[PDB]
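To find a chain, count down the sequence lines: A is the first, B the second, and so on, and within it residues start at 1. Atoms within each ligand, like the ligands themselves, are counted from 1 in listed order.
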Amino acid sequence: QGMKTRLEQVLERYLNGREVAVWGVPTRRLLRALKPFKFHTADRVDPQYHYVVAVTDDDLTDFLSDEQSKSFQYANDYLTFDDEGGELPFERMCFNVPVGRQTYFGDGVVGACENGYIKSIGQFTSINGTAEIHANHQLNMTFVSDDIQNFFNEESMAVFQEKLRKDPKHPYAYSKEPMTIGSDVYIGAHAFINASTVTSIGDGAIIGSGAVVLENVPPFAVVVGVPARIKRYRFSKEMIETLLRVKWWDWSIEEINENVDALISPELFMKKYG
Amino acid sequence: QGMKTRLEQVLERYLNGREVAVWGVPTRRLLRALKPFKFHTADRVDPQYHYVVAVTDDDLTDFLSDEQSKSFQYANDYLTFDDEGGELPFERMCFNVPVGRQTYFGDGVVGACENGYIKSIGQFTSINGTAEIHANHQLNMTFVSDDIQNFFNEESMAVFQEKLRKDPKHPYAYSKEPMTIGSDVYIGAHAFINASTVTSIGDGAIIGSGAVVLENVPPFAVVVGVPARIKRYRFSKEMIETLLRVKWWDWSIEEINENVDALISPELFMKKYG
Amino acid sequence: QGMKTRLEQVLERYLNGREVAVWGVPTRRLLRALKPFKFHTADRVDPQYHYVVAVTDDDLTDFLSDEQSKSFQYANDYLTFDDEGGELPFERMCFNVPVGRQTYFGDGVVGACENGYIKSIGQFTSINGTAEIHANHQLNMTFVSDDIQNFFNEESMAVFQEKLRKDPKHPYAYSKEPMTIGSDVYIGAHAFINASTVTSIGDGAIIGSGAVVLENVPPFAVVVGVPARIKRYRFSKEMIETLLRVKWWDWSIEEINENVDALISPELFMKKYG
Ligand SMILES: CC(C)(COP(=O)(O)OP(=O)(O)OC[C@H]1O[C@@H](n2cnc3c(N)ncnc32)[C@H](O)[C@@H]1OP(=O)(O)O)[C@@H](O)C(=O)NCCC(=O)NCCS
Ligand SMILES: CC(C)(COP(=O)(O)OP(=O)(O)OC[C@H]1O[C@@H](n2cnc3c(N)ncnc32)[C@H](O)[C@@H]1OP(=O)(O)O)[C@@H](O)C(=O)NCCC(=O)NCCS
Ligand SMILES: CC(C)(COP(=O)(O)OP(=O)(O)OC[C@H]1O[C@@H](n2cnc3c(N)ncnc32)[C@H](O)[C@@H]1OP(=O)(O)O)[C@@H](O)C(=O)NCCC(=O)NCCS
Ligand SMILES: NC[C@@H]1O[C@H](O[C@H]2[C@@H](O)[C@H](O[C@@H]3[C@@H](O)[C@H](N)C[C@H](N)[C@H]3O[C@H]3O[C@H](CO)[C@@H](O)[C@H](O)[C@H]3N)O[C@@H]2CO)[C@H](N)[C@@H](O)[C@@H]1O
Ligand SMILES: NC[C@@H]1O[C@H](O[C@H]2[C@@H](O)[C@H](O[C@@H]3[C@@H](O)[C@H](N)C[C@H](N)[C@H]3O[C@H]3O[C@H](CO)[C@@H](O)[C@H](O)[C@H]3N)O[C@@H]2CO)[C@H](N)[C@@H](O)[C@@H]1O
Ligand SMILES: NC[C@@H]1O[C@H](O[C@H]2[C@@H](O)[C@H](O[C@@H]3[C@@H](O)[C@H](N)C[C@H](N)[C@H]3O[C@H]3O[C@H](CO)[C@@H](O)[C@H](O)[C@H]3N)O[C@@H]2CO)[C@H](N)[C@@H](O)[C@@H]1O
């Protein structure tokens, strides 16, 4: 591929001449990524000479259960291969989609990034692995199937995709801006977001479990239900207005540790920034 | 097994004397299927001499990212092993369940086919991988568990299964016709269908995301919610009556490309067939 | 690890000096478990000399499709490695969580046991694999993210976790008793239980599909919906009172086979124990 995966971005910044020790049975995709480096099956590992790469999450659990792993820092010294959505201490990219710091999501949102459904994902955003993000099929035609186009010749493909781009309900997310997910967002298990109608999820939004959101979620609102309805705002109006332009999620690691009291007490946060 | 898998049906029609090149680390099930053929780890692949079989979907993505793959047509020259529900250009079978053309579904619906819960799946049907199809346990007894029968002797098993067949609410889908899923059907993510009470899903039906359907879905109806309620019909009544017996989903690949305008414009479809 | 996995508990009781035959490609975790025993790739298997261990569930299906498997009893002679939640004929443990007999659950509930969210799981309980059990993040602060704490030093971690323990809404299930799931419970697909607010699920409870439960479920109640509401009780009040202290789920395998008629007919059950 032309766009670097999460494993390749981590290695580019933290490997630093060491050889990669593979903790687990590798995939063909992994062997292609490790081709330029020296790599081997992990036996005796030393973080001064080695960088452990666990193939799967279950292989990571086995590695952390090993006594050899407690001299290995999270991303500086190891990583999970099959974890494109895993959180990171630095801003990264996922199929031309910027992902903030300490932001994690599941395989469904990863596939949504590759489909072009997402424009950006904020910092300190927590998304459950079971969450799904898909677009709508076309509804202005006699059929709803998408793989019917596998039978169209050119002449038929040109006219089918012609109406697709000229559709105000955005089938396959064709005619809309890619959806943005803000910072400090929480998304629960079994949640769903429609990539055809949702174009923005505000910062600090909370999506309940089993919730099916079909429209935009304003910042710091808690949407819940099937379909998702706003049941309560997370903060007061004055806080949401202030929080939107102070942007604590863009602070440095030292500045977050300086204003712990402001981030911990919401009543103190307004006092310092209202 | 006695019933051919999707990989075996594809190979039986398109392999044509070539040897299989395995793109990825194979499973024991795959090695059993490839036993009669000549097979090897894929290196340099040529579609005139080789047929690429990617073990998993992630191995398929790695194969398509390789320059060698662009002389390989979808099913005629490659396929994914762990993809029993993947779409195909020809009608196939899945555990004694006929599956139409360009119809795809996930692992939960595959397991539903093997359980005998499904009778047939139409053509050009799109089912999300997260969709689940299960039956109800028995409710006319003091227990709801199913694996309690692991402790029954013969005498106890005969009487337990005796009432199971004599139950009008169809526990474990015992006393009903297997459920039929029509053509041009769309099923969203996190959807659920009760195999104990649902016996038919009409052609052209649309099941929303997170929807739990518990009764039959009439053709070209859009069921939505927990539980699923009909919120709107996809087409006018006159169209549904006409569409049910013209059956465009049974047209040839040449006839679909002949009547693209009818399938693309619903207003034109009635003009040509009303 | 210090706590035995489900595979290690089964082997400790049923292996009995035999060598393990691995049906499938093993993981690194599996190789660590089989280290003290003699093990090999399964070829010709005899239950008098061998104990088959299928790595994955798909490898189990391949094994049962083999003619060699029909002299192998379920747990006494084989088992699936990647199946920590699979049912068993004897009471077992899962990350310091007692699991009853013939009780099965999915990977999400397994991870919930390791997180400390569950105290015990009853006997003859049926939980769907797609079910999820998670706790709530903190809501009394300006942020909702959990992995923000990866940036806190000591001083910041001590004060963040300080309010976490002093929170009546139980973020991360910090200040509550671990949730108990009773016996003869049925949980459907796509179900969700909030580990932060739910502390008990009574015996004989039934959770419908796609249901999001947020409070305790009384014994023998059927909760349904988003959010889950009690729609109907499974039995009469007099039965629930009697069933709660006869505890048929604690009977021996011989006593279950003695009182099949009582367990099969609910009307007969009260006659014998009311
Ligand atoms: C969304 C959530 C944070 C709400 O937390 P909360 O502040 O304690 O909400 P409350 O318990 O006070 O109840 C608020 C109302 O909204 C409803 N509600 C809240 N969360 C709901 C949910 N997931 N689903 C359905 N209804 C919900 C409640 O039924 C309640 O109804 P009411 O208006 O009649 O009182 C929490 O319930 C939740 O579901 N978090 C997601 C859990 C998860 O999936 N984690 C995995 C991802 S890490
Ligand atoms: C079902 C679906 C096609 C409806 O499309 P639509 O024609 O644009 O429906 P609308 O947006 O006009 O809204 C219709 C009504 O039904 C509701 N509704 C529609 N889809 C819903 C859904 N999945 N869940 C809950 N409610 C839904 C809407 O809330 C709305 O309510 P209203 O009567 O008060 O106005 C679409 O919403 C959907 O969910 N598709 C499934 C997406 C998916 O899961 N893809 C993965 C599988 S490939
Ligand atoms: C929960 C369940 C056992 C109810 O069975 P039941 O006794 O036949 O319930 P009924 O069909 O008589 O309907 C009862 C009412 O509750 C509703 N209801 C029942 N189950 C529901 C469900 N999963 N979701 C939403 N609504 C449900 C029905 O819509 C109905 O509504 P009403 O009050 O207007 O009549 C069953 O519907 C179910 O969903 N089982 C879980 C299936 C599953 O997920 N299996 C996989 C795990 S092994
Ligand atoms: N290109 C996105 C892909 O998404 C995959 O995950 C999901 C889907 O994108 C994937 O797509 C299915 C596919 O199974 C099947 N073989 C073909 C079918 N047309 C697709 O259907 C789906 O994907 C396409 C996007 O390409 C959408 O246009 C369509 O609306 C949607 N139903 O099925 C998976 C479960 O629904 C993988 N995560 C990933 O390998 C890949 O990035
Ligand atoms: N035979 C169907 C199987 O379905 C599997 O997928 C799902 C279930 O069928 C499977 O079945 C579970 C099983 O985990 C566990 N080891 C035993 C338990 N009795 C089963 O329970 C389930 O399956 C049976 C059907 O056999 C139903 O009667 C029962 O109502 C249902 N709860 O758990 C999986 C998640 O719920 C596999 N896709 C597939 O290997 C296999 O075909
Ligand atoms: N320690 C529990 C783990 O749960 C895992 O499954 C699920 C989660 O526990 C897991 O945790 C995610 C994780 O993906 C990501 N790398 C880090 C993130 N902080 C976690 O987030 C989640 O887990 C933690 C519990 O540790 C909760 O406090 C948090 O509320 C929750 N959002 O993401 C998975 C899907 O949501 C695995 N089943 C298992 O390896 C492991 O036991």
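Contact analysis gives the chain with most pairs under 4.5 Å to ligand 5 as the one the PDB entry calls Aminocyclitol acetyltransferase ApmA.
At ligand 5, of razaxaban, anamorelin, paromomycin, rebastinib, the drug present is paromomycin.
Other chains with a heavy atom closer than 4.0 Å to paromomycin (ligand 5): B, C. Other ligands and ions with an atom less than 4.0 Å from paromomycin (ligand 5), by number and name: ligand 3 (coenzyme A).
In this structure, residues within 4.0 Å of paromomycin (ligand 5) (heavy atoms) are B/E114, B/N115, B/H137, B/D146, B/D147, B/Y172, C/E87, C/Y104, C/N128, C/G129.
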